[PDB]
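Structure follows of flurbiprofen associated with Transthyretin.
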Amino acid sequence: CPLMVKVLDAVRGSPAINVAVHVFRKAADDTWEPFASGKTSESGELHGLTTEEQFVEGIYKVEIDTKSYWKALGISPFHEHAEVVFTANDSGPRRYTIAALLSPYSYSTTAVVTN
Amino acid sequence: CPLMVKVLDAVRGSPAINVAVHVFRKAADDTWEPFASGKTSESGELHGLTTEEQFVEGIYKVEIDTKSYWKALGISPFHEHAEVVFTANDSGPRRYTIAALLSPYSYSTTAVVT
Amino acid sequence: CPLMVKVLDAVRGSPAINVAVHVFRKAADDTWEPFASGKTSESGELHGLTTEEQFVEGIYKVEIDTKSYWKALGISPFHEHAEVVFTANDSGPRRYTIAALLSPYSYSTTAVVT
Amino acid sequence: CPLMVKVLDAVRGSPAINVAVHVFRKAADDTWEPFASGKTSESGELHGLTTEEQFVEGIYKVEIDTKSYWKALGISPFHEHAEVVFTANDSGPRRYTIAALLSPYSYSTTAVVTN
Ligand SMILES: C[C@H](C(=O)O)c1ccc(-c2ccccc2)c(F)c1
(Lines of atoms letter the chains of each structure in order from A and count residues from 1; the text may use other names and numbers.)
(Lines give C-alpha, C1' and ligand atoms only; values in the text may rest on other atoms or scores of the structure.)
Protein backbone atom coordinates (compact mmCIF):
# COMPACT_ATOMS: atom_id res chain seq x y z
CA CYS A 1 0.00 0.00 0.00
CA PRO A 2 2.33 2.75 -1.34
CA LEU A 3 -0.52 5.25 -1.78
CA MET A 4 -3.15 5.88 0.88
CA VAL A 5 -5.74 8.68 1.10
CA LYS A 6 -7.53 9.76 4.25
CA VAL A 7 -10.30 12.31 4.34
CA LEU A 8 -11.79 13.94 7.42
CA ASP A 9 -14.84 16.15 7.90
CA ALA A 10 -14.10 19.28 9.96
CA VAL A 11 -17.79 20.18 10.25
CA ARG A 12 -19.04 16.95 11.79
CA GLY A 13 -15.86 15.77 13.49
CA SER A 14 -15.87 12.52 11.59
CA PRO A 15 -14.21 10.67 8.72
CA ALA A 16 -15.47 11.78 5.30
CA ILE A 17 -17.21 8.63 4.07
CA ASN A 18 -18.01 7.61 0.49
CA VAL A 19 -15.87 10.38 -0.98
CA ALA A 20 -14.89 9.67 -4.57
CA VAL A 21 -11.16 9.81 -5.27
CA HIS A 22 -9.56 9.70 -8.71
CA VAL A 23 -5.84 9.34 -9.27
CA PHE A 24 -4.07 10.25 -12.49
CA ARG A 25 -0.51 9.96 -13.75
CA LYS A 26 1.03 12.51 -16.06
CA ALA A 27 1.69 10.81 -19.40
CA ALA A 28 4.55 11.40 -21.84
CA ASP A 29 2.41 13.88 -23.79
CA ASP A 30 1.76 15.93 -20.63
CA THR A 31 -1.76 14.49 -20.39
CA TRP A 32 -3.44 13.12 -17.26
CA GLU A 33 -4.23 9.46 -17.74
CA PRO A 34 -6.49 7.60 -15.28
CA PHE A 35 -4.40 5.63 -12.80
CA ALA A 36 -6.77 4.49 -10.07
CA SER A 37 -9.97 5.45 -8.32
CA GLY A 38 -12.11 4.56 -5.35
CA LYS A 39 -14.32 5.83 -2.54
CA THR A 40 -13.32 6.39 1.07
CA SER A 41 -14.47 3.75 3.54
CA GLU A 42 -16.34 4.16 6.84
CA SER A 43 -13.04 5.25 8.40
CA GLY A 44 -12.48 7.92 5.76
CA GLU A 45 -9.63 5.93 4.26
CA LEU A 46 -8.92 4.58 0.80
CA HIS A 47 -6.43 1.72 0.47
CA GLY A 48 -5.44 -0.60 -2.35
CA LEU A 49 -5.22 2.12 -4.98
CA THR A 50 -2.05 0.69 -6.49
CA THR A 51 0.94 -1.61 -5.96
CA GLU A 52 4.67 -0.97 -5.57
CA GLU A 53 5.28 -2.42 -9.04
CA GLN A 54 2.74 -0.19 -10.77
CA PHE A 55 3.47 2.98 -8.78
CA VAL A 56 6.54 4.09 -10.75
CA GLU A 57 8.25 7.46 -10.67
CA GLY A 58 6.18 10.24 -12.13
CA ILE A 59 3.84 13.09 -11.42
CA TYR A 60 0.54 12.06 -9.92
CA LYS A 61 -2.70 13.89 -9.27
CA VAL A 62 -5.10 12.86 -6.54
CA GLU A 63 -8.50 14.43 -7.11
CA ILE A 64 -10.98 14.31 -4.23
CA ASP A 65 -14.61 14.93 -5.19
CA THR A 66 -15.37 17.22 -2.29
CA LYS A 67 -18.31 18.90 -4.05
CA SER A 68 -20.48 15.78 -4.25
CA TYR A 69 -19.67 15.10 -0.60
CA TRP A 70 -20.99 18.45 0.65
CA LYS A 71 -24.00 18.50 -1.67
CA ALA A 72 -25.10 15.15 -0.23
CA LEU A 73 -25.12 16.85 3.18
CA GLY A 74 -27.20 19.75 1.89
CA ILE A 75 -24.29 22.19 1.89
CA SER A 76 -23.25 24.30 -1.10
CA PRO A 77 -19.41 24.09 -1.07
CA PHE A 78 -16.92 26.53 -2.58
CA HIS A 79 -14.53 24.16 -4.37
CA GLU A 80 -15.35 21.93 -7.33
CA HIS A 81 -12.93 19.42 -5.85
CA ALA A 82 -9.61 19.17 -4.06
CA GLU A 83 -6.49 18.27 -6.04
CA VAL A 84 -3.09 17.15 -4.81
CA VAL A 85 -0.30 17.05 -7.40
CA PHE A 86 3.13 15.63 -6.58
CA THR A 87 6.16 13.87 -8.01
CA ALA A 88 6.44 10.39 -6.58
CA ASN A 89 9.25 7.89 -6.19
CA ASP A 90 11.78 10.22 -7.84
CA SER A 91 14.50 9.00 -5.46
CA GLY A 92 13.28 5.46 -5.01
CA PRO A 93 10.02 3.86 -3.77
CA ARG A 94 8.27 5.64 -0.91
CA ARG A 95 4.94 5.18 0.86
CA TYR A 96 2.58 8.13 0.58
CA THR A 97 -0.32 9.03 2.83
CA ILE A 98 -2.35 11.92 1.49
CA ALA A 99 -4.62 13.42 4.14
CA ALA A 100 -7.31 16.02 3.57
CA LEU A 101 -9.40 17.91 6.13
CA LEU A 102 -12.59 19.28 4.61
CA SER A 103 -14.83 22.25 5.33
CA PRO A 104 -17.34 23.82 2.93
CA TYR A 105 -15.09 26.78 2.10
CA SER A 106 -11.72 25.40 3.06
CA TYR A 107 -9.58 22.31 2.98
CA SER A 108 -6.11 21.42 4.10
CA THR A 109 -4.03 18.60 2.80
CA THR A 110 -0.82 17.19 4.12
CA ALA A 111 1.39 14.34 3.06
CA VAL A 112 3.27 11.84 5.17
CA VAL A 113 6.05 10.16 3.24
CA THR A 114 7.65 6.98 4.59
CA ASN A 115 10.63 4.89 3.45
CA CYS B 1 -1.12 48.42 16.06
CA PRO B 2 1.48 45.83 17.23
CA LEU B 3 -1.12 43.08 17.64
CA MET B 4 -4.05 42.22 15.36
CA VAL B 5 -6.47 39.28 15.36
CA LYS B 6 -8.41 37.98 12.36
CA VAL B 7 -11.02 35.24 12.48
CA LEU B 8 -12.58 33.49 9.49
CA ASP B 9 -15.47 31.05 9.21
CA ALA B 10 -14.61 27.97 7.10
CA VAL B 11 -18.24 26.80 7.03
CA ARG B 12 -19.81 29.93 5.56
CA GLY B 13 -16.78 31.30 3.73
CA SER B 14 -16.98 34.59 5.59
CA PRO B 15 -15.32 36.61 8.33
CA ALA B 16 -16.25 35.45 11.84
CA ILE B 17 -18.13 38.48 13.13
CA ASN B 18 -18.78 39.49 16.74
CA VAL B 19 -16.39 36.88 18.11
CA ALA B 20 -15.19 37.66 21.62
CA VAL B 21 -11.41 37.77 22.02
CA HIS B 22 -9.58 38.04 25.33
CA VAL B 23 -5.85 38.64 25.61
CA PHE B 24 -3.81 37.89 28.72
CA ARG B 25 -0.20 38.42 29.71
CA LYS B 26 1.66 36.00 31.96
CA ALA B 27 2.41 37.74 35.26
CA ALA B 28 5.45 37.36 37.50
CA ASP B 29 3.62 34.77 39.60
CA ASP B 30 2.91 32.67 36.50
CA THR B 31 -0.70 33.86 36.47
CA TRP B 32 -2.71 35.09 33.47
CA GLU B 33 -3.70 38.71 33.96
CA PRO B 34 -6.25 40.40 31.66
CA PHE B 35 -4.47 42.50 29.06
CA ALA B 36 -7.04 43.43 26.43
CA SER B 37 -10.31 42.23 24.91
CA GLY B 38 -12.79 42.96 22.19
CA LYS B 39 -15.07 41.52 19.53
CA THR B 40 -14.21 41.00 15.87
CA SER B 41 -15.66 43.52 13.43
CA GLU B 42 -17.71 42.96 10.28
CA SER B 43 -14.47 42.04 8.51
CA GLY B 44 -13.60 39.47 11.17
CA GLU B 45 -10.76 41.65 12.42
CA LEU B 46 -9.90 43.10 15.81
CA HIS B 47 -7.58 46.10 15.95
CA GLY B 48 -6.48 48.51 18.65
CA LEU B 49 -5.99 45.86 21.30
CA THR B 50 -2.81 47.48 22.56
CA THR B 51 -0.02 49.97 21.83
CA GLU B 52 3.71 49.59 21.20
CA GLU B 53 4.46 51.10 24.60
CA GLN B 54 2.21 48.69 26.52
CA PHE B 55 3.03 45.59 24.46
CA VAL B 56 6.29 44.66 26.17
CA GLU B 57 8.19 41.39 25.96
CA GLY B 58 6.44 38.53 27.67
CA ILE B 59 4.19 35.55 27.14
CA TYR B 60 0.73 36.33 25.86
CA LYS B 61 -2.42 34.31 25.46
CA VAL B 62 -5.09 35.13 22.91
CA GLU B 63 -8.35 33.38 23.72
CA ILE B 64 -11.03 33.28 21.04
CA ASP B 65 -14.54 32.43 22.24
CA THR B 66 -15.33 30.05 19.40
CA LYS B 67 -18.02 28.20 21.36
CA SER B 68 -20.37 31.17 21.64
CA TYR B 69 -19.85 31.85 17.94
CA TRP B 70 -21.02 28.41 16.81
CA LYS B 71 -23.87 28.21 19.32
CA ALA B 72 -25.24 31.47 17.90
CA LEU B 73 -25.38 29.72 14.53
CA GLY B 74 -27.17 26.71 15.97
CA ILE B 75 -24.11 24.46 15.78
CA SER B 76 -22.71 22.45 18.68
CA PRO B 77 -18.92 22.95 18.44
CA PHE B 78 -16.21 20.71 19.81
CA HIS B 79 -13.87 23.21 21.45
CA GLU B 80 -14.63 25.36 24.47
CA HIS B 81 -12.53 28.07 22.82
CA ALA B 82 -9.35 28.53 20.80
CA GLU B 83 -6.15 29.63 22.50
CA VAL B 84 -2.93 30.98 21.04
CA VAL B 85 0.00 31.28 23.44
CA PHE B 86 3.17 32.93 22.22
CA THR B 87 6.21 34.87 23.36
CA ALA B 88 6.49 38.42 22.06
CA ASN B 89 10.19 38.76 21.24
CA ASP B 90 10.23 42.47 20.41
CA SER B 91 13.77 42.06 19.04
CA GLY B 92 13.33 44.40 16.08
CA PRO B 93 10.28 46.21 14.60
CA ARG B 94 7.52 43.59 14.58
CA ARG B 95 3.76 43.59 14.06
CA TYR B 96 1.86 40.45 15.09
CA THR B 97 -1.17 39.20 13.19
CA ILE B 98 -2.91 36.19 14.73
CA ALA B 99 -5.27 34.51 12.28
CA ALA B 100 -7.70 31.73 13.09
CA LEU B 101 -9.83 29.73 10.64
CA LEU B 102 -12.81 28.15 12.37
CA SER B 103 -14.89 25.02 11.79
CA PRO B 104 -17.15 23.29 14.34
CA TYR B 105 -14.63 20.51 15.05
CA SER B 106 -11.44 22.10 13.86
CA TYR B 107 -9.49 25.32 13.79
CA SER B 108 -6.19 26.45 12.45
CA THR B 109 -4.21 29.41 13.58
CA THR B 110 -1.23 31.03 12.02
CA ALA B 111 0.85 34.03 12.91
CA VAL B 112 2.10 36.56 10.39
CA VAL B 113 4.94 38.57 11.91
CA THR B 114 6.18 41.48 9.81
CA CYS C 1 -11.38 43.85 -7.45
CA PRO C 2 -13.73 40.81 -7.62
CA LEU C 3 -10.91 38.31 -7.10
CA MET C 4 -7.95 38.52 -4.71
CA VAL C 5 -5.30 35.97 -3.75
CA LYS C 6 -3.30 35.93 -0.51
CA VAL C 7 -0.47 33.54 0.27
CA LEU C 8 1.18 33.05 3.65
CA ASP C 9 4.26 31.10 4.71
CA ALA C 10 3.63 28.87 7.75
CA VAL C 11 7.33 28.09 8.16
CA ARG C 12 8.62 31.65 8.46
CA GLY C 13 5.46 33.31 9.75
CA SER C 14 5.42 35.77 6.88
CA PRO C 15 3.64 36.60 3.64
CA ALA C 16 4.71 34.39 0.73
CA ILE C 17 6.35 36.95 -1.55
CA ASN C 18 6.97 36.71 -5.30
CA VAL C 19 4.82 33.60 -5.66
CA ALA C 20 3.61 33.04 -9.21
CA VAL C 21 -0.16 32.69 -9.57
CA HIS C 22 -1.96 31.67 -12.75
CA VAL C 23 -5.72 31.82 -13.16
CA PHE C 24 -7.65 29.90 -15.79
CA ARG C 25 -11.27 29.76 -16.86
CA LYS C 26 -12.89 26.57 -18.12
CA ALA C 27 -13.73 27.02 -21.80
CA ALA C 28 -16.70 25.65 -23.73
CA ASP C 29 -14.64 22.65 -24.86
CA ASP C 30 -13.80 21.81 -21.23
CA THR C 31 -10.29 23.23 -21.67
CA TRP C 32 -8.44 25.57 -19.30
CA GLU C 33 -7.74 28.88 -21.00
CA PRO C 34 -5.38 31.44 -19.45
CA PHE C 35 -7.36 34.16 -17.69
CA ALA C 36 -4.91 36.13 -15.58
CA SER C 37 -1.58 35.80 -13.79
CA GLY C 38 0.80 37.61 -11.51
CA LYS C 39 3.14 37.36 -8.56
CA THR C 40 2.28 38.04 -4.93
CA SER C 41 3.48 41.36 -3.52
CA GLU C 42 5.52 42.08 -0.39
CA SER C 43 2.34 41.55 1.64
CA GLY C 44 1.73 38.17 0.02
CA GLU C 45 -1.26 39.54 -1.86
CA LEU C 46 -2.19 39.67 -5.52
CA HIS C 47 -4.75 42.25 -6.64
CA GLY C 48 -6.00 43.50 -9.99
CA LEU C 49 -6.24 40.07 -11.56
CA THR C 50 -9.52 40.89 -13.26
CA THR C 51 -12.52 43.25 -13.38
CA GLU C 52 -16.21 42.79 -12.60
CA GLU C 53 -17.04 42.99 -16.30
CA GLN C 54 -14.57 40.27 -17.32
CA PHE C 55 -15.16 38.00 -14.31
CA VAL C 56 -18.30 36.27 -15.56
CA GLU C 57 -19.93 33.12 -14.21
CA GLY C 58 -17.92 30.01 -14.87
CA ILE C 59 -15.44 27.58 -13.40
CA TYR C 60 -12.08 29.03 -12.51
CA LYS C 61 -8.78 27.54 -11.49
CA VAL C 62 -6.22 29.39 -9.41
CA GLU C 63 -2.82 27.76 -9.62
CA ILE C 64 -0.18 28.80 -7.11
CA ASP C 65 3.41 27.88 -8.00
CA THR C 66 4.35 26.68 -4.53
CA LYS C 67 7.21 24.50 -5.78
CA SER C 68 9.31 27.38 -7.10
CA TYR C 69 8.68 29.23 -3.84
CA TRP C 70 10.12 26.50 -1.62
CA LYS C 71 13.01 25.69 -3.96
CA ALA C 72 14.08 29.34 -3.75
CA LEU C 73 14.32 28.86 0.01
CA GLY C 74 16.37 25.69 -0.34
CA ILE C 75 13.51 23.40 0.65
CA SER C 76 12.32 20.41 -1.38
CA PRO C 77 8.50 20.66 -1.27
CA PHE C 78 6.00 17.86 -1.75
CA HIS C 79 3.49 19.46 -4.11
CA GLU C 80 4.11 20.51 -7.69
CA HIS C 81 1.77 23.43 -7.03
CA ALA C 82 -1.46 24.28 -5.24
CA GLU C 83 -4.73 24.47 -7.17
CA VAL C 84 -8.06 25.97 -6.21
CA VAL C 85 -10.97 25.19 -8.53
CA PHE C 86 -14.28 26.89 -7.90
CA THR C 87 -17.46 28.07 -9.58
CA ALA C 88 -18.04 31.81 -9.57
CA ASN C 89 -21.77 32.10 -8.86
CA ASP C 90 -22.13 35.86 -9.34
CA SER C 91 -25.65 35.65 -7.86
CA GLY C 92 -25.45 38.89 -5.89
CA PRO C 93 -22.58 41.34 -5.15
CA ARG C 94 -19.61 39.12 -4.27
CA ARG C 95 -15.87 39.60 -3.84
CA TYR C 96 -13.71 36.47 -3.77
CA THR C 97 -10.60 36.20 -1.60
CA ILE C 98 -8.60 33.00 -2.05
CA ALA C 99 -6.15 32.46 0.79
CA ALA C 100 -3.48 29.78 0.94
CA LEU C 101 -1.24 28.91 3.89
CA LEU C 102 1.90 27.09 2.76
CA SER C 103 4.21 24.52 4.35
CA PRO C 104 6.64 22.22 2.50
CA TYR C 105 4.37 19.16 2.82
CA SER C 106 1.04 20.80 3.44
CA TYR C 107 -1.17 23.68 2.43
CA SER C 108 -4.57 24.92 3.36
CA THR C 109 -6.76 27.15 1.32
CA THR C 110 -9.89 28.95 2.27
CA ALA C 111 -12.20 31.28 0.45
CA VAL C 112 -13.69 34.40 1.97
CA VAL C 113 -16.66 35.54 -0.10
CA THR C 114 -18.17 38.87 0.91
CA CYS D 1 -8.73 3.88 24.16
CA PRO D 2 -11.29 6.72 24.52
CA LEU D 3 -8.67 9.44 24.04
CA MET D 4 -6.06 9.35 21.28
CA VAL D 5 -3.72 12.11 20.09
CA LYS D 6 -1.97 12.19 16.73
CA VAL D 7 0.58 14.78 15.74
CA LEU D 8 1.98 15.38 12.27
CA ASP D 9 4.84 17.53 11.02
CA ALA D 10 3.87 19.71 8.03
CA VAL D 11 7.48 20.76 7.39
CA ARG D 12 9.01 17.31 7.03
CA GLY D 13 5.97 15.36 5.88
CA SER D 14 6.22 12.96 8.77
CA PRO D 15 4.68 12.07 12.13
CA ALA D 16 5.79 14.39 14.95
CA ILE D 17 7.76 12.00 17.15
CA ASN D 18 8.59 12.32 20.85
CA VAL D 19 6.21 15.25 21.32
CA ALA D 20 5.24 15.72 24.95
CA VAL D 21 1.50 15.78 25.61
CA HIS D 22 -0.13 16.72 28.91
CA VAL D 23 -3.81 16.27 29.61
CA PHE D 24 -5.70 18.07 32.36
CA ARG D 25 -9.24 17.93 33.69
CA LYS D 26 -11.03 20.98 35.02
CA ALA D 27 -11.59 20.47 38.74
CA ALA D 28 -14.52 21.61 40.88
CA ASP D 29 -12.62 24.78 41.83
CA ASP D 30 -12.10 25.67 38.16
CA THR D 31 -8.47 24.54 38.37
CA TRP D 32 -6.64 22.33 35.87
CA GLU D 33 -5.56 19.13 37.56
CA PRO D 34 -3.11 16.74 35.84
CA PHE D 35 -5.00 13.87 34.22
CA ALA D 36 -2.50 12.07 32.00
CA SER D 37 0.63 12.64 29.98
CA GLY D 38 2.88 10.97 27.47
CA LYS D 39 5.02 11.38 24.36
CA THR D 40 4.03 10.59 20.79
CA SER D 41 5.43 7.38 19.34
CA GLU D 42 7.30 6.79 16.08
CA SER D 43 3.95 7.01 14.28
CA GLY D 44 3.14 10.37 15.87
CA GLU D 45 0.43 8.77 18.00
CA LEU D 46 -0.21 8.63 21.72
CA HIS D 47 -2.46 5.86 23.04
CA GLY D 48 -3.30 4.57 26.50
CA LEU D 49 -3.77 7.99 28.05
CA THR D 50 -6.84 6.90 30.00
CA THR D 51 -9.63 4.33 30.33
CA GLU D 52 -13.38 4.48 29.80
CA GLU D 53 -13.92 4.26 33.56
CA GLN D 54 -11.60 7.14 34.40
CA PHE D 55 -12.56 9.37 31.46
CA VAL D 56 -15.74 10.83 32.97
CA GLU D 57 -17.72 13.82 31.77
CA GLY D 58 -15.91 17.09 32.17
CA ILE D 59 -13.81 19.71 30.49
CA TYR D 60 -10.40 18.51 29.39
CA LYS D 61 -7.32 20.27 28.11
CA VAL D 62 -4.81 18.57 25.86
CA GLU D 63 -1.55 20.51 25.81
CA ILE D 64 0.97 19.62 23.10
CA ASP D 65 4.52 20.84 23.75
CA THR D 66 5.13 22.06 20.23
CA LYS D 67 7.90 24.47 21.27
CA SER D 68 10.32 21.79 22.48
CA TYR D 69 9.61 19.84 19.30
CA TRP D 70 10.67 22.67 16.97
CA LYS D 71 13.64 23.75 19.08
CA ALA D 72 15.03 20.22 18.86
CA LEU D 73 14.96 20.65 15.07
CA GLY D 74 16.77 23.98 15.27
CA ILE D 75 13.67 26.02 14.47
CA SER D 76 12.42 28.93 16.58
CA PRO D 77 8.60 28.40 16.68
CA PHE D 78 5.91 31.00 17.31
CA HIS D 79 3.69 29.20 19.84
CA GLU D 80 4.65 28.18 23.36
CA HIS D 81 2.46 25.13 22.86
CA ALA D 82 -0.79 24.01 21.31
CA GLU D 83 -3.86 23.59 23.52
CA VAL D 84 -7.14 21.83 22.80
CA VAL D 85 -9.95 22.39 25.31
CA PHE D 86 -13.24 20.51 25.07
CA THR D 87 -16.13 19.09 27.06
CA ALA D 88 -16.10 15.32 26.90
CA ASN D 89 -18.69 12.61 27.43
CA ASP D 90 -21.43 15.15 28.23
CA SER D 91 -24.00 12.97 26.44
CA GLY D 92 -22.49 9.60 27.20
CA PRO D 93 -19.09 7.95 26.54
CA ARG D 94 -17.45 8.78 23.22
CA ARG D 95 -14.07 8.03 21.66
CA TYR D 96 -11.96 11.09 20.88
CA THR D 97 -9.12 11.39 18.42
CA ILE D 98 -7.35 14.73 18.67
CA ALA D 99 -5.18 15.42 15.63
CA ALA D 100 -2.71 18.27 15.25
CA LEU D 101 -0.75 19.34 12.16
CA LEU D 102 2.29 21.40 13.08
CA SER D 103 4.29 24.13 11.36
CA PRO D 104 6.63 26.62 13.04
CA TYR D 105 4.12 29.49 12.85
CA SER D 106 0.90 27.59 12.47
CA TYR D 107 -0.98 24.55 13.63
CA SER D 108 -4.35 23.05 12.93
CA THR D 109 -6.21 20.67 15.14
CA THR D 110 -9.27 18.65 14.43
CA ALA D 111 -11.25 16.15 16.43
CA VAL D 112 -12.89 12.93 15.32
CA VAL D 113 -15.55 11.79 17.74
CA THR D 114 -16.86 8.22 17.58
CA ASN D 115 -19.68 6.40 19.41
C1 LIG E 1 -3.80 10.53 8.47
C2 LIG E 1 -4.06 11.07 9.90
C3 LIG E 1 -5.24 10.30 10.58
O4 LIG E 1 -6.42 10.51 10.23
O5 LIG E 1 -4.96 9.47 11.48
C6 LIG E 1 -4.30 12.61 9.94
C7 LIG E 1 -5.23 13.27 9.09
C8 LIG E 1 -5.42 14.67 9.15
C9 LIG E 1 -4.66 15.48 10.08
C10 LIG E 1 -4.86 16.88 10.12
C11 LIG E 1 -5.31 17.56 11.32
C12 LIG E 1 -5.51 18.96 11.35
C13 LIG E 1 -5.26 19.72 10.19
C14 LIG E 1 -4.83 19.11 8.99
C15 LIG E 1 -4.63 17.71 8.95
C16 LIG E 1 -3.72 14.79 10.94
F17 LIG E 1 -2.95 15.45 11.85
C18 LIG E 1 -3.55 13.39 10.86
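Chains get letters A, B, ... in whatever order the sequence lines come in. So for chain A, numbering is the PDB entry's, and the shown residues are 10-124, in order. Just so it is clear, chain B uses the PDB entry numbers, and the residues here are 10-123, in order. Sequence positions for chain C are given in the PDB entry numbering; the residues included correspond to 10-123, in order. Following the PDB entry, chain D residues are numbered 10-124, in order. When the header is checked for method, it gives X-ray crystallography, 1.9 Å. Only heavy atoms go into these numbers, but all of them, side chains included; no hydrogens, no water, no symmetry mates. Remember, it's 1-based here, ligands and their atoms both numbered in the order they're listed.
Other chains with any heavy atom closer than 4.0 Å to flurbiprofen: A, D. Close contacts of flurbiprofen with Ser117(D), meaning ligand atoms under 4.0 Å from a residue heavy atom, involve 12 (C), 13 (C). Scanning the protein heavy atoms around atom 6 (C) of flurbiprofen, the nearest turns out to be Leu17(D) CD1, 4.0 Å. Protein heavy atom at the shortest distance from atom 4 (O) of flurbiprofen is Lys15(A) NZ, 2.8 Å. Near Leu110(A), the atoms of flurbiprofen lying under 4.0 angstrom from a non-hydrogen atom of the residue are 12 (C), 13 (C).
Result for chain D: of the UniProt L-thyroxine-binding residues, flurbiprofen comes within 4.0 Å (heavy atoms) of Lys15(D), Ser117(D).
Lab note: per PDB, source of chain D = Homo sapiens.
At the shortest separation from atom 7 (C) of flurbiprofen among protein heavy atoms lies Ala108(A) CB, 3.7 Å. Remark: flurbiprofen atoms within the under-4.0 Å shell around heavy atoms of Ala109(D) are 17 (F). Of all protein heavy atoms, the one closest to atom 11 (C) of flurbiprofen is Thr119(D) CG2, 3.7 Å.
The binding-site residues for flurbiprofen (non-hydrogen atoms, 4.0 Å) are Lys15(A), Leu17(A), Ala108(A), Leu110(A), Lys15(D), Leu17(D), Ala108(D), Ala109(D), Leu110(D), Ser117(D), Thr119(D).
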